[PDB]
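This file shows Large neutral amino acids transporter small subunit 1 complexed with nanvuranlat.
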Amino acid sequence: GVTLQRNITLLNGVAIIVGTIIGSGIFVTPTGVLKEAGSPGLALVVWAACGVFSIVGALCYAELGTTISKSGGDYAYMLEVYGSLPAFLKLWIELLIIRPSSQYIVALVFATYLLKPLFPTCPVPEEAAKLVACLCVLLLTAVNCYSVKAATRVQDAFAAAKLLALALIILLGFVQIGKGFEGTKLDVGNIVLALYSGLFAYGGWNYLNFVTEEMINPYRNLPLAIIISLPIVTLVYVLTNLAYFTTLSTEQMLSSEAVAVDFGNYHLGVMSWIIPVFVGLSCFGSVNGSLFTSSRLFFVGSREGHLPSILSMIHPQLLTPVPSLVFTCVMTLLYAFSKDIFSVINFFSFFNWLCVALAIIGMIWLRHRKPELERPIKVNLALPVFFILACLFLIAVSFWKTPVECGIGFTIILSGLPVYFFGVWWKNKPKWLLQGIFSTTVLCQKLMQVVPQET
Amino acid sequence: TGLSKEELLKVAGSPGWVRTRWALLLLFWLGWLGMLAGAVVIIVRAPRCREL
Ligand SMILES: Nc1cc(COc2c(Cl)cc(C[C@H](N)C(=O)O)cc2Cl)c2oc(-c3ccccc3)nc2c1
Ligand SMILES: CC(C)CCC[C@@H](C)[C@H]1CC[C@H]2[C@@H]3CC=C4C[C@@H](O)CC[C@]4(C)[C@H]3CC[C@]12C
Ligand SMILES: CC(C)CCC[C@@H](C)[C@H]1CC[C@H]2[C@@H]3CC=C4C[C@@H](O)CC[C@]4(C)[C@H]3CC[C@]12C
């Protein structure tokens, strides 16, 4: 009767991954790689390098998600290995901080860049920027309540807008060549910070795994949607960087706070405003991809008993997990209050790579423990071990960049232990809690007409 | 857990609850259109910044 149906066709699966990888990153992040590389040559090499590293990681998730078909993605793969508590400590940080801060930050990037050509020389007014961020998050949690076919048609449209924008950037680059290595920071301690500052622009490649369970044919399409996307991203990134270097000198990219907009100003003149608006529409796609995917993580977390049971309920006539979406929207808007925001994410530099390393370590241990479990994909064990070894080094680099802030993040991870013991180990025994939990649950079921899924 | 599928739907069709859900859906979109009217007000009623 009631379940999350298999709506996601291969091209929409490619949309969910390319839309959330391409991000804001490539339109503003090049500056960060020149800062630590010094040289357009070394820069354009580390862009390719963390590309092939990201392909190698994604090929491990292309394995994992065919071995374990659960839509918990990065969380489910921990639960199936390290058991109850390690998986919860992830979900707590994702729920409290990482997903709602990420969703808000990229919505605020949507708001500022979409408005930017009304205010070319100055800040976009902050009391306007926070509304135009909130209107976006509210709209996309409405759309993703109404239909998964609407949700994925939205991300097809904006994934297209993003690649069209990068094709336009690349094309103008080649046109500038048609119109007719340097001083390198060759220290390994510089190169490693170049690479680590570039990996951010590929961050997103795991996001398809949190919707594995809604793919039309996961055992074929989940590994194919990775291999149809990350090589495409890697090519488009090295070509987009190439395009900037045809037009912006090293000094100008080291000192411009919105790299794509300067390239827009040089080539399009009166029409320069097109590139800011494309960075905006580009970020709208990333809010949608994140809200979609994020709603499935909390859904799964509640189905596995880690999280309050309301978030498992579905709306029977629309087949969307309405209480999980509503929770995710509210938790995003509660970040709108904060006077500063990037800092709260920077506290968890290490966390994304740590969870990935723990998932692929999990895949090693899972091969030793249960060889009989079905595996449509079986990658040469060199790649997992290479990728793990590399991440254990980047986790250390993430601390070495700022040994204070990764400590603050690690302090907040321990906030999960109070909540796990109160929410899972205590069995909610006091009747004045237990009856109130039930009363609130049955109220929400009545209030938005939602029911438990059927196994 | 909470209510069964049938157990919920036999109650959730009551006229008071049906009108409640319609009212909340209307109120939400009215509040979002009001927030858009607010955002557009602030974008107009602000200093269009100095030309280079
Ligand atoms: N643990 C963790 C996990 C994620 C989710 O995975 C990523 C996603 Cl979904 C997107 C990007 C950026 C994206 N590749 C782009 O091109 O802008 C990076 C990461 Cl690590 C985070 O996102 C961000 C983030 C996203 C946008 C702006 C600022 C910060 N911080 C994250 C921390
Ligand atoms: C709803 C979410 C997703 C997007 C919201 C963006 C809104 C706030 C933006 C997009 C385009 C904007 C309009 C574009 C151009 C003009 C003309 C100018 O002389 C005054 C502002 C005005 C009239 C803007 C008002 C605000 C506006 C409507
Ligand atoms: C059920 C409870 C938690 C409320 C859920 C809705 C909350 C999270 C949403 C609905 C509309 C939102 C507001 C919309 C617009 C603005 C103006 C902005 O310049 C500051 C934040 C502020 C004030 C938002 C804060 C969060 C908000 C109040």
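The sequence lines are taken in order and lettered A, B, and onward as chains. We number chain A the way the PDB entry does; in order, the residues shown are 43-222, 233-507. Going by the PDB entry, the residues shown for chain B are 162-213, listed in order. What's counted below: heavy atoms across the whole structure, side chains too, no hydrogens, waters or symmetry copies. Counting starts at 1 for both ligands and their atoms, in listed order.
In this structure, every copy of nanvuranlat sits at ligand 1. Chains touching nanvuranlat (ligand 1) with a heavy atom below 4.0 Å, listed by letter, come to A. Counting UniProt's transmembrane segments of chain A from the N terminus, heavy atoms under 4.0 Å from nanvuranlat (ligand 1) lie in 1, 3, 6, 7, 10. According to the PDB, the organism given as the origin of chain A is Homo sapiens.
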